[PDB]
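Featured here: a structure holding amphotericin B.
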Amino acid sequence: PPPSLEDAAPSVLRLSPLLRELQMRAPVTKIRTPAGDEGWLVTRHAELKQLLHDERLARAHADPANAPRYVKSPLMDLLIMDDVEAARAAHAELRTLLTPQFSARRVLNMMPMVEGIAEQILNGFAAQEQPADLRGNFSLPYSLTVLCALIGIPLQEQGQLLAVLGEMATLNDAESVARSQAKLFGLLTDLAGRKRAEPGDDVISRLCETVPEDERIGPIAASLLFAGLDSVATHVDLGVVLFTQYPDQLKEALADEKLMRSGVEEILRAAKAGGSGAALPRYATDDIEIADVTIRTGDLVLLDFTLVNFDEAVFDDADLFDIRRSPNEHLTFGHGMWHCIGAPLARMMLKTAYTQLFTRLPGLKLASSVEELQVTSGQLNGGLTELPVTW
Ligand SMILES: C[C@@H]1[C@H](O)[C@@H](C)/C=C/C=C/C=C/C=C/C=C/C=C/C=C/[C@H](O[C@@H]2O[C@H](C)[C@@H](O)[C@H](N)[C@@H]2O)C[C@@H]2O[C@](O)(C[C@@H](O)C[C@@H](O)[C@H](O)CC[C@@H](O)C[C@@H](O)CC(=O)O[C@H]1C)C[C@H](O)[C@H]2C(=O)O
Ligand code: HEM
């Protein structure tokens, strides 16, 4: 029986020993998923990068109901279709719709909105009673408010979102996920009809121009919001932890915009809970020969973007936080057909956050120890349960 991927990591910002062992054993290796099934874990940079460009991996399985699962989640099950050409076309359309929204030009047009929301939230955060949770008081409201503004979700309708998005991340209750997913899909399909009638400068309105069916705009906007919210918030949090542990690198990043940009890359490479970094399931649509192994049609393949970021064949002293790594060859956003569509926004949001946070609160420090930080578990893209800081 293959080793089981565990529920989190023993502590934050260090790769879990089980993952480091799996990586040493083989480039592609059989594991047991949290959901109990068997799967291929890709553990090394060169092999992951090659498989990110292999057309034989798809979000498709001949029998999705019986396909080997990564996690027990009705969210993943919406992702997997039973025809390959139908899955390929659905994926292709998602990227065609969304890639223009995140061009360098359009992201540049988001900067004032992002900086302005960060300043309003930071104004309130600096006044909180200390120690204060940076995640609930800053990084989550920051991420939620920017993403809702860009997508076009009214301030008047945001109250219920943090509850529904958090529930959708649960691996603990299958029926609570599915009805939260429908609440969110229903909220945003309803919203799409309203913005069709009254368009604004936002993503939902621009999708209306090209997509005439509300019932398919809503799930795209919902999955856009779910894709960005926690990941951006968690990287604000862990980026803040790293910078409080290497204050000399924080100060030089504040002093030179080149080093703040490469500092954000080094946070994207290393600011990790240390647990399993695979995000979505992929299935072989044909047999693939690689790394002295044979992946078979229907097999589950897990691309662990976090784990390959610590591959010593690529990164000198990989456990070390060093913002001067350049070029920084992390694969945190994927690559090729699968590459994160929000990467330019995420990069800009993180740079905005660290700059404003540490300029306004230069004495920002952990209330307790890094070892005392509690990584969340039993969840999709959980990060920390809270991050108490003082300043
Ligand atoms: C075909 C389909 C239909 O037409 C439509 C009706 C279907 C809609 C279905 C949508 C389903 C969406 C499911 C998303 C699940 C994310 C899980 C994330 C878990 C992440 C993992 O976390 C772990 O999980 C383990 C279990 C725990 O053991 C462990 N303790 C920890 O918790 C790893 C962490 O990952 C990253 O965070 C970033 C992700 O967050 C990025 C993600 O968000 C993507 O961006 C989501 C992209 C997604 O949206 C693509 C869809 O859009 C494509 C799409 O819709 O196709 C349409 C055309 C960053 C962290 O550094 C990772 C780290 O920790 O090292
Ligand atoms: C630090 C923040 C983020 C990280 C680490 C991250 C990471 C990732 C990763 C690893 C994938 C590939 C998933 C897979 O195929 O296994 C992905 C895909 C995706 N990301 Fe991000 N992401 C971040 C922020 C965002 C944001 C803010 C948005 C939207 C505003 C977004 C939208 C998407 C979408 C739509 C996909 C699916 C792409 C596809 O199916 O081809 N991401 N992201």
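Note that the numbering runs from 1 along the sequence shown for the chain. Values below: every heavy atom of this structure, side chains too, minus hydrogens, waters and symmetry copies. Order of appearance sets the numbers: ligands from 1, and atoms from 1 within every ligand.
- One finds amphotericin B in this structure at ligand 1.
- Of all chains here, the one making more contacts with amphotericin B (ligand 1) than any other appears in the PDB entry as AmphL.
- Counting heavy atoms under 4.0 Å, the binding site of amphotericin B (ligand 1) comprises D7, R59, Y70, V71, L75, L78, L79, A90, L94, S223, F226, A227, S231, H235, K272, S276, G277, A278, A279, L280, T306, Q379, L380, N381, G382.
- Counting the atoms of amphotericin B (ligand 1) from 1 in the order shown, those under 4.0 Å from a heavy atom of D7 are 30 (N).
- Those atoms of amphotericin B (ligand 1) that come under 4.0 Å of a heavy atom in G382, given as number and element, are 32 (O).
- Ranking the protein heavy atoms by distance from atom 2 (C) of amphotericin B (ligand 1) puts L78 O, 4.4 Å first.
- The shortest N/O to N/O separation between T306 and amphotericin B (ligand 1) falls below 3.5 Å.
- Annotation: atom 24 (O) of amphotericin B (ligand 1) to nearest protein heavy atom, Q379 O, 3.7 Å.
- At the shortest separation from atom 40 (O) of amphotericin B (ligand 1) among protein heavy atoms lies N381 ND2, 3.0 Å.
- Residue-to-ligand polar distances place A227 within reach of amphotericin B (ligand 1): an N/O pair is separated by less than 3.5 Å.
- Protein heavy atoms are absent from the space less than 4.0 angstrom from atom 36 (C) of amphotericin B (ligand 1).
- Against a heavy-atom cut-off of under 4.0 Å, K272 is close to the following atoms of amphotericin B (ligand 1): 61 (O).
- Distance from atom 11 (C) of amphotericin B (ligand 1) to its nearest protein heavy atom, with residue and atom name: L75 O, 3.7 Å.
- For atom 55 (O) of amphotericin B (ligand 1), the closest non-hydrogen atom of the protein is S223 OG, 3.8 Å.
- Source organism of chain A, per the entry: Streptomyces nodosus.
- Under the 4.0 Å distance rule, the nearest protein heavy atom to atom 57 (C) of amphotericin B (ligand 1) falls outside the cut-off.
- The distance from amphotericin B (ligand 1) to the heavy atoms of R59 drops below 4.0 Å at these ligand atoms: 53 (C).
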